[PDB]
Chemist: 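To start, I am sharing the structure in question, which I have written as structure tokens.
Order of the sequence lines fixes the chain letters, A, B, ..., with proteins taken first and strands second; residue numbering starts at 1 for each chain. Because only heavy atoms are used, hydrogens play no part in the values below, and waters and symmetry mates are left out as well, while side chains stay in. Note that ligands are numbered from 1 as they come in the structure, with each ligand's atoms numbered from 1 the same way.
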Number of protein chains: 2
Amino acid sequence: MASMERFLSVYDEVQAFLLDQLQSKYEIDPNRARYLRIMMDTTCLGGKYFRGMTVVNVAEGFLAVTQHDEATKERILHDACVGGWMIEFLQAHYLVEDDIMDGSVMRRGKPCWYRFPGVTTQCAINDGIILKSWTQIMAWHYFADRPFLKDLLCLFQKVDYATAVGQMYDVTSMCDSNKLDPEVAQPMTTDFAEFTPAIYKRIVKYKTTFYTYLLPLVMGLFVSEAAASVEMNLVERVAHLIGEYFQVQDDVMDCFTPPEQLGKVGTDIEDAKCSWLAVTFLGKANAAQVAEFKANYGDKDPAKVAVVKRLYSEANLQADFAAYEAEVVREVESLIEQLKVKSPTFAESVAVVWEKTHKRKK
Amino acid sequence: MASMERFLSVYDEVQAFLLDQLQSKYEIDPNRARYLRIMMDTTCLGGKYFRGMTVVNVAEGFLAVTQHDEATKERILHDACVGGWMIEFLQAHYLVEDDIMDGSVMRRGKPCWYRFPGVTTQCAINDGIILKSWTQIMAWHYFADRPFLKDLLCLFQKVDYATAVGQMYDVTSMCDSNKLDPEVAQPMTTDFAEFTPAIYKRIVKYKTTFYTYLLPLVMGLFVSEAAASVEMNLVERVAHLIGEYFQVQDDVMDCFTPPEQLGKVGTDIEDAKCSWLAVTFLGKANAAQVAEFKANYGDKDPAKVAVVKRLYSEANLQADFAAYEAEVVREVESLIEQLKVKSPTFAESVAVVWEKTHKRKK
Ligand SMILES: O=P(O)(O)C(O)(Cc1cccnc1)P(=O)(O)O
Ligand SMILES: O=P(O)(O)C(O)(Cc1cccnc1)P(=O)(O)O
Ligand code: DMA
Ligand code: DMA
Ligand SMILES: [Mg+2]
Ligand SMILES: [Mg+2]
Ligand SMILES: [Mg+2]
Ligand SMILES: [Mg+2]
Ligand SMILES: [Mg+2]
Ligand SMILES: [Mg+2]
């Protein structure tokens, strides 16, 4: 659409500013410049731009109802795009490191960045680090004189930290808590006692929901100078609820959506993740099903993986997904209605974000 | 000494604040809290605290000559300590990721963090990420109302980025530039044409000197509200020059200092690094020596490593080190003399920092 081509045009400006800076200030050679250019394209582009386009949507909502000079309108949209790219690049940073940590093979229908032959884990770790640093270069350069600069940096820091904390909860979600010990190699849980909805909710709240929904929605408010015009407690509740749903969808897709469609190859069963499928299965299985799950979960062996998928299909988790979805539809609509008391415009943005999320097939 | 025990006491406060926050705001369980506690201790403690104690030194320099209430003095010292810990933790972040990228085995006389049995590359990548995030939590929490907060965040961002850029220059310093290509597995240089003093200087300037010398010296100025009282161009020159010397020392030590003393196990020859030894050797070798260097460099094979060390010993690089050191002594003293025109107190801090650096055996 544009909107999205216009958003991508701002990516072009940001890439040129970043790479011209590397040549002019960081003594970079043209071949390392080209490597960082392809790195940025491979890691930042080719997705749906949900996060970045969410900040644009929120900004456009307020521009429709607020009086501004034309030049001001132009500035607000451009700030929305740059703010949207900071999040897309923060996401890029997490996905590069996540793919290494998850042992994944494909991202956005291409090899994970670390699996590019001329990349490898060694470089990719540091390239993911660079992606996050570029987010701060963008912010300091583009928003230097903006009133919202300090609030934005502080919120960005907290979202980032929550995400890294969340990634720790995730990567250790298959170990017994009482057995974590840097000194002792971590064995997988045999009881699965920590595969509960509460624990699942905590992992997901931190690892995903701050950056996929909370940050973009509040960033759209910041660039609009409209933050004080919403109830922040409601923004957070609805972010965390739509975020959790987004991650539940991701978990279902990891197992059940063909890689040609999804653009990734699922690893949750083999990595022994505390996914929504595993928790929900365990929430309804009889003693024999639990037993068979335990004998097959968290192994690379394709025959073992197939048994778990069979257990999932037989357990009729599509009923559970339907009942979970219907509950979230209830809760999201209820939050949108509460948002409209102070912010009809922001509520409608949340409605659109919800609608796009709910219908994605990724 | 104290000074350093007092500095470590501030580490205790910062750790407690961070871990109490994780329990109170991030829903952490006591066993993950304990893992992050040992992670922070293993990665942040046990070194010499040169960086952190440099900010304390600079602050103490100004307190001696400036009138302040007692309570103000106390606040400035505490800010110097917290600012010193931000750098120590930024360093901790780089060393955790660097040890993975370098395939190193020992750090501060213990296993590299990623080699702890109960850690592994998978966790350690994300733990290094957390270490840097904690630097921003510290800053926002402790310096929230300080006049220097914005300058400090902006300088911290730029030092960090320069370091990550520098780490890219380092990790790729053994590939031919014209052959870098994410699509093609990177072969080692056979001509060594990019092992030059200019290229060496650029790698070292970015990967090391911003965070080891520039940041702590300017941080001491920031917490002292004294930045405007020095010539920033001189601070940068002297930082970058003492930083380069510090890294040359590190390179010499990697090959020639026994691991029991150094607290690390050298990998530069096996990793094919553009070290000061390799560049300097190539700066004086005859055609046969160059030939033999090329037949042995950048291989894990202990017999090959021993040949390179033999070539280094025979090449009398201790003459070259002596001539390089004598030159830097000249240049550093000259910079200190220039610093004294506006800043006798800061010049004396630089003199102490230089003296401590020059005499280290690490
Ligand atoms: O894209 P992925 O790998 O399916 C995922 O959503 C990626 C991701 C990375 C970081 C935080 N949240 C989600 P995950 O949790 O790994 O299943
Ligand atoms: O401690 P190391 O590994 O000797 C080193 O100094 C560590 C280091 C990490 C990051 C930036 N600068 C130096 P290196 O460059 O790897 O030789
Ligand atoms: C797994 C994850 C963090 C997905 C974000 O979705 P997107 O619609 O913006 O497309 P992409 O996922 O490829 O960024
Ligand atoms: C290699 C490197 C970045 C060293 C810093 O020196 P330090 O004196 O402060 O002790 P440690 O090196 O262990 O931090
Ligand atoms: Mg993943
Ligand atoms: Mg993951
Ligand atoms: Mg997934
Ligand atoms: Mg190293
Ligand atoms: Mg290194
Ligand atoms: Mg070294």
Chemist: Which bound partner of ligand 2 is the main one by contact count, according to the PDB entry?
Modeler: farnesyl pyrophosphate synthase
Chemist: Choosing between penciclovir, phencyclidine, risedronate, lamotrigine, which one is at ligand 2?
Modeler: risedronate
Chemist: Show which other chains sit less than 4.0 Å from risedronate (ligand 2), counting heavy atoms only.
Modeler: B
Chemist: Working on a figure here: which residues of other chains come under 4.0 Å of risedronate (ligand 2) (heavy-atom distance)?
Modeler: B:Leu95, B:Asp98, B:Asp102, B:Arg107, B:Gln167, B:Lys207, B:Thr208, B:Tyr211, B:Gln247, B:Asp250, B:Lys264
Chemist: Any N or O of B:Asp268 that comes nearer than 3.5 Å to an N or O of risedronate (ligand 2)?
Modeler: no
Chemist: Quick check on contacts: which atoms of risedronate (ligand 2) are under 4.0 angstrom from a heavy atom of B:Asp98?
Modeler: 3 (O), 7 (C), 9 (C), 16 (O)
Chemist: May I ask you to check whether B:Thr208 has an N/O atom sitting below 3.5 Å from an N/O atom of risedronate (ligand 2)?
Modeler: yes
Chemist: Considering only the protein, which heavy-atom contact is closest to atom 1 (O) of risedronate (ligand 2), and what is its distance?
Modeler: B:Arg107 NH1, 2.6 Å
Chemist: I need the source organism for chain B from the PDB entry - what is it?
Modeler: Trypanosoma cruzi
Chemist: Any N or O on B:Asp251 sitting closer than 3.5 Å to an N or O of risedronate (ligand 2)?
Modeler: no
Chemist: Examine B:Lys264 against risedronate (ligand 2) and note whether any of their N/O atoms are separated by less than 3.5 Å.
Modeler: yes
Chemist: Quick one: which risedronate (ligand 2) atoms are inside 4.0 Å of a heavy atom on B:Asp102?
Modeler: 16 (O)
